[PDB]
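In this structure, chloramphenicol is found bound to HTH-type transcriptional regulator ttgr.
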Amino acid sequence: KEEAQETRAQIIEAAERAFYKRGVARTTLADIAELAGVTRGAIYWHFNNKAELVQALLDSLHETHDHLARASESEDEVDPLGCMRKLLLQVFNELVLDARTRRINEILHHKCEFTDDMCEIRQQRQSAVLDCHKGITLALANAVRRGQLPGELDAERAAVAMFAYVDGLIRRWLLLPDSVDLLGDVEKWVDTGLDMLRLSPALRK
Amino acid sequence: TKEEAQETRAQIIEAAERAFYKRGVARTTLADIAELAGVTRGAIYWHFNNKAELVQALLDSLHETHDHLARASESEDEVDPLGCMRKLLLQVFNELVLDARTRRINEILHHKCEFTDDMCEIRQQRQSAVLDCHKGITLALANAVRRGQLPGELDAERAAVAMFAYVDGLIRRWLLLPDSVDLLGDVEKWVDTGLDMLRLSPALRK
Ligand SMILES: O=C(N[C@@H](CO)[C@@H](O)c1ccc([N+](=O)[O-])cc1)C(Cl)Cl
Ligand SMILES: O=C(N[C@@H](CO)[C@@H](O)c1ccc([N+](=O)[O-])cc1)C(Cl)Cl
């Protein structure tokens, strides 16, 4: 029950609407609280500040891909590349179909400044990205151990090349959706990225 | 013409950069730049109507340093369009790593500028600019295909979107975590990796 565990989910939903409408920079807890139907104190009970909320939205994105990620990263996975290809297809699908994922991504890329007032936001991002980076490198190592991608493949650099590509593609669809048939052509887009990892000599040390 | 005005504009723009960088585009009024640049408010209004007008000016300063190579790389009469495109991206990354002004505007563009219904002109311009850039990379690519620099069957369109995506994300990665990408030392590698995808990826063909 009680007071309400699910109040925490109600506050997050309102934080999404507020951030999407006014942007993170100019949203205050008061705004969010009025929007949720609660008091600032009810927000303070779940979050110590605005950075914590942003954090929660960020963190929510990882859930849906949890299993597919852990799969690719694991040593005992027979088909590590196959899991990464699967995950990317999910990432792009969730992005195109789920208004929730779209909005949080929109907030993250286009509605969330990095300013000296909440270095917390930029810090959250940095570590979030280094994390994702570590994960990516691990997967690349596994695909190599299994000869799914060329032997002496500079993992670190390919990881960055991957993340960059995917990241910029997401941001591109966000800015101009009707100029990237992301849904229909998911296969191509994902593979374009994947092809780079194996066919590109520049990524080979 | 009056040199007095041309100097005041150059000062508004310099201060906008320093402002937007520290406080961000969202919570920064034009009045704030007036005090920062040491100029009358109405003067900024003479120079720039709304804040979006200024942001636009910052975005613009970026294309100056590359206009030459960009044009060359698009020209149908250009003998080595892929070489041009290569040299251009090299000249983009160098200026990023070396020129603090360029780094700051990109940081503003990527990390300090929100899209809100209040200021929709910022998003519209941002869309306009990327469509501009887009049309650019397509011509260039097509010209490199036409000259057997790339695979004949390449899809210029998608290929352009891919490359831009790759270039845009890398810049951002470096702004967020500079001490990760040795963009200065490995510069040629990063430029090549992107290009390799354009010519080697079978998913980009047809
Ligand atoms: O799913 C995510 N990122 C995708 C799409 O950008 C991708 O970059 C990614 C691929 C593998 C990975 N690894 O399994 O942890 C993490 C992220 C985020 Cl939830 Cl980190
Ligand atoms: O970084 C920039 N442009 C990138 C976009 O990917 C660069 O790759 C580019 C610029 C112009 C261009 N066109 O004019 O030929 C093509 C690519 C500008 Cl914002 Cl300075």
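In what follows, every chain begins at residue 1, and chains take the letters A, B, ... in the order their sequences are listed. As the structure lists them, so they are numbered: ligands from 1, and atoms in each ligand from 1.
- Tracing chloramphenicol through the model gives ligands 1 and 2.
- At a heavy-atom cut-off of 4.0 Å, other chains contacting chloramphenicol (ligand 2): B.
- By the deposit information, the source of chain B is Pseudomonas putida.
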